[PDB]
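Figure: structure with carboprost.
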Amino acid sequence: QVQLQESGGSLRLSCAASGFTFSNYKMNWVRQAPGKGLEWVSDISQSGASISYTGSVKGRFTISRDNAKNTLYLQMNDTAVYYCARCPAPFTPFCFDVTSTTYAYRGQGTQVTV
Amino acid sequence: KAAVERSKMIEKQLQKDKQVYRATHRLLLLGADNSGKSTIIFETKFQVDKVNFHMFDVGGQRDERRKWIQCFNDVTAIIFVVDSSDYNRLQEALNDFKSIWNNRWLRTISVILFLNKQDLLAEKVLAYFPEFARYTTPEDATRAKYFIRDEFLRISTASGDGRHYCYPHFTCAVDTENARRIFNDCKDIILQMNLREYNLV
Amino acid sequence: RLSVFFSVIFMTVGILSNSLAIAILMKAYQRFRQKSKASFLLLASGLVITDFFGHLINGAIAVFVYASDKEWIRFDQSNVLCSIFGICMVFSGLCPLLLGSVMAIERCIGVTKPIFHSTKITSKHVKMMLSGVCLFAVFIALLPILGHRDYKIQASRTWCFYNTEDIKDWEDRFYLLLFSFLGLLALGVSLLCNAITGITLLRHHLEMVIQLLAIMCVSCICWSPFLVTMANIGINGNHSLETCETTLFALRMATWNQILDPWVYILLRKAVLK
Amino acid sequence: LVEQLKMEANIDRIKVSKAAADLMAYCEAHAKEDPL
Amino acid sequence: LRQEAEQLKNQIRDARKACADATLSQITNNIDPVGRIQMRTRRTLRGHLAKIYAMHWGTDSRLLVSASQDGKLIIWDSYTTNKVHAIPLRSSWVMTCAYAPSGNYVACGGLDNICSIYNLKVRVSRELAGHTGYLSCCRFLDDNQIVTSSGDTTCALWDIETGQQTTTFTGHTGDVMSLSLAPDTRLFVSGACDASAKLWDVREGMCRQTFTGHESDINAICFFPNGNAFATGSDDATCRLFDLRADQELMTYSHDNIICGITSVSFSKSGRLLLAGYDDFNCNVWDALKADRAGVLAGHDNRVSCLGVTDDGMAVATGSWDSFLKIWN
Ligand SMILES: CCCCC[C@](C)(O)/C=C/[C@@H]1[C@@H](C/C=C\CCCC(=O)O)[C@@H](O)C[C@H]1O
């Protein structure tokens, strides 16, 4: 049972993962703004390697992953529901359907109002 | 034995269908509903210089597409259409292009990238990406359009060297030269495949 | 200053190179065959197979002749062995030249006109042209036997070829001229097609140009002396010509062409060398 | 989803030892006529 | 509602943990290991112009069917290698093909969202059209009923004579990739792209149990010969065995050298051997009880897309993207 639980709502959003080998997948941070669709914020690989950010938050947000603790952190310093999403398969450098209306490997999300 | 006769007839028909199958080039058309894909499963068959092109637009499934995309492993090219006019969804198009480019089962397929609706972009420029301020136009032919093209080309050239190539084009809604461009990039793709075979790459 | 060693080393090097090329070509043919028609791979496979078989047969016959203390008299009463050896020599000389010209033409078409090459050639045509080239080489080899004359023993008394060291009728001169003209035509066609391909690529490109240049240089250098000598002998009546001292050298150079074919065609690629 | 979870939780389960024992019994009884 | 669902899931997990007293590996520790299985390629079926996507053995154990990327559906005689039939498809994006137990019909489907049913007596006889996603799998119950799964996260039971969905099965949150019929033909199992598998009652039409052990999408599902267990292959490079009566996973078949997904699974006649096709171009044969790799089937130049074991267990057919079907014994 793959489970992703988001906490937090400057902020220190956390995502606790279970039901899969955390240090085998590429993690993403996504949001859904009111009256809009799911938008990709950030992306981190499986070994702290190359990190990507979206234009709207470039340079302002940061992402990290604790493989030993199996957690995903997003430090921020707009109002939306934030989700931590997982790549569908391990050892692949591409998350395909993370920003989909019904994605199986995405958490429940946490609200952030600014 | 009549079974051998039936098998031989089937094999002859299969050879004929092999000729027909190899004499055709198949293309996968991708892009968001925002872009003008149609103006560029729906099947479009056209001919350039007595060469047959069959383009497929798959729009009958859900937005989860990591499983039925693998059906297009041996497609000749992926025509990716992007609305350069809308800056709001430009990052979505960039992420879509990156996912298509870096897919394991699409890592040997070349992409013809169309930057559609260049008239709307030109109108909008005359009276999202903070790196645009620290950008200078290249020594190419005849700034925003080339900035977007370079944004796509950075992803294209980041990975997949020598296996597949990206062919950017600037397009309008009333452009009539897209078929010729597709023909030329397909010719270059075939040449690259031949060169990779001759060198045992 | 003649010994069976020359033949033995040439045999071993050619066989080993062609076997390595055959294995690499089989693997590459499977891999590239589940992508398109591998016409170049099929032609290269035919070329290396022909080179291996010619090396084996001709070297075996030469070693048998050498081991018999050059006693050409009391082992071939009807000169059947000499005719067979001459047929094998002519086939193993002609087949690589025609095959190389065919691959040059195919690669020129596939580079200058890739869409036409992919859509209107197919693999049945490639197999048919390979078989036709082999059959044409066989027919040209057999033609003197299918006529009236027979292959003679050369001045070195170690190989059988056309009648050269004799002022014969017009038949011997015609046969020598035919062999020389076919070889030179193959060389010229290969040169022209490879030059066109290299010019098109210049105006994976660098490696392709390098291998084309190597193919041209090796083929020309290693096959021109023998064809020129044969043409000179055929045009004249050996009254104004060379002797066995240079004919053997030219034959050795042709042997080295057949040896170096797999290396300049298959084995010198970056992926293969890895 | 709640009703389906209740329906799935409202069933009886056989111990894992019994399931493994039956799997072993079937495999050992039918291995005589397994060509592979 | 989320709290209640979480509590119910926790209760189910606690019940499963209480039920599990021993392990399958511990139970199967005193039995003799299966020797090194060395199956050789007895046949090679050629004729498909592109990648082979699916195959299905006939119940007569001699004739089989295969679907290809070039929109071809070829029925082969496995013994004599001769081709029995070649059917052209309207759509060349097929994903599955099925053989009727009677041998008179063959079904297929794909990206067209249609299940096409052809009478071998060869032209189409039925076109079932109720799915809003690509048709991933289809299995015949008899000449009149067929069970299908699609990418719209639902399964269906169709009456072929009327061409209408007799029953629908809902509950999967991802695209359903495979299904397997029980030997009794009263239950079936389905695996989907949500790392979960479900057991469905055909007659009632309701989900019985849900099994969640895998980490990624499940591509293959197969049913144990006696019908009290099933095996699943997924994208996390592992295969798993689940027992219906215990309602929990029993054994995991994986090694720390496989980093590719599983595209197909199958069982031998006795169920002792589990055969799984991988994306690394090779097939692996595992000891089902001891979870040890009993052997390897190699000889395909591309990834193995489909895999099946004959009804009498006398051969294994594997189809790959290398456009070839290989029979192994
Ligand atoms: C016009 C024919 C060109 C030959 C090309 C070929 C057959 O592919 C290479 C051949 C060598 C063969 C030469 C036969 C006799 C040689 C004379 C004896 C002498 O030199 O004293 C053996 O010698 C070992 C082969 O390497």
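The sequence lines fix the lettering, A, B, ..., with proteins before strands; numbering per chain opens at 1. Start at 1 and go down the list; that is how both ligands and their atoms are numbered.
- Measured by close contacts, the chief partner of carboprost is listed under UniProt as Prostaglandin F2-alpha receptor.
- Other chains in heavy-atom contact with carboprost below 4.0 Å, by letter: C.
- Listed by atom number, the atoms of carboprost under 4.0 Å from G59(C) heavy atoms are 22 (C), 24 (C).
- Distance from atom 2 (C) of carboprost to its nearest protein heavy atom, with residue and atom name: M89(C) O, 3.5 Å.
- Close approach of carboprost to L251(C) (heavy-atom distance below 4.0 Å) involves ligand atoms 16 (C), 17 (C).
- Counting UniProt's transmembrane segments of chain C from the N terminus, heavy atoms under 4.0 Å from carboprost lie in segments numbered 1, 2, 3, 6, 7.
- Given atom 26 (O) of carboprost, the protein heavy atom at minimum distance is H55(C) ND1, 3.0 Å.
- Looking from atom 10 (C) of carboprost to the surrounding protein, the closest heavy atom is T255(C) OG1, 3.4 Å.
- Here atom 18 (C) of carboprost lies nearest to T158(C) when heavy atoms of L227(C), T158(C), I259(C), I15(C) are compared.
- Listed by number with element, the atoms of carboprost under 4.0 Å from a non-hydrogen atom of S92(C) are 7 (C).
- At a heavy-atom distance under 4.0 Å, no atom of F6(C) approaches carboprost.
- Interface atoms of carboprost facing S7(C), defined by a heavy-atom separation under 4.0 Å, are 23 (O), 24 (C).
- The site surrounding carboprost, defined by heavy atoms under 4.0 Å, contains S7(C), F10(C), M11(C), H55(C), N58(C), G59(C), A62(C), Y66(C), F85(C), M89(C), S92(C), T158(C), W159(C), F226(C), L248(C), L251(C), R252(C), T255(C), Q258(C).
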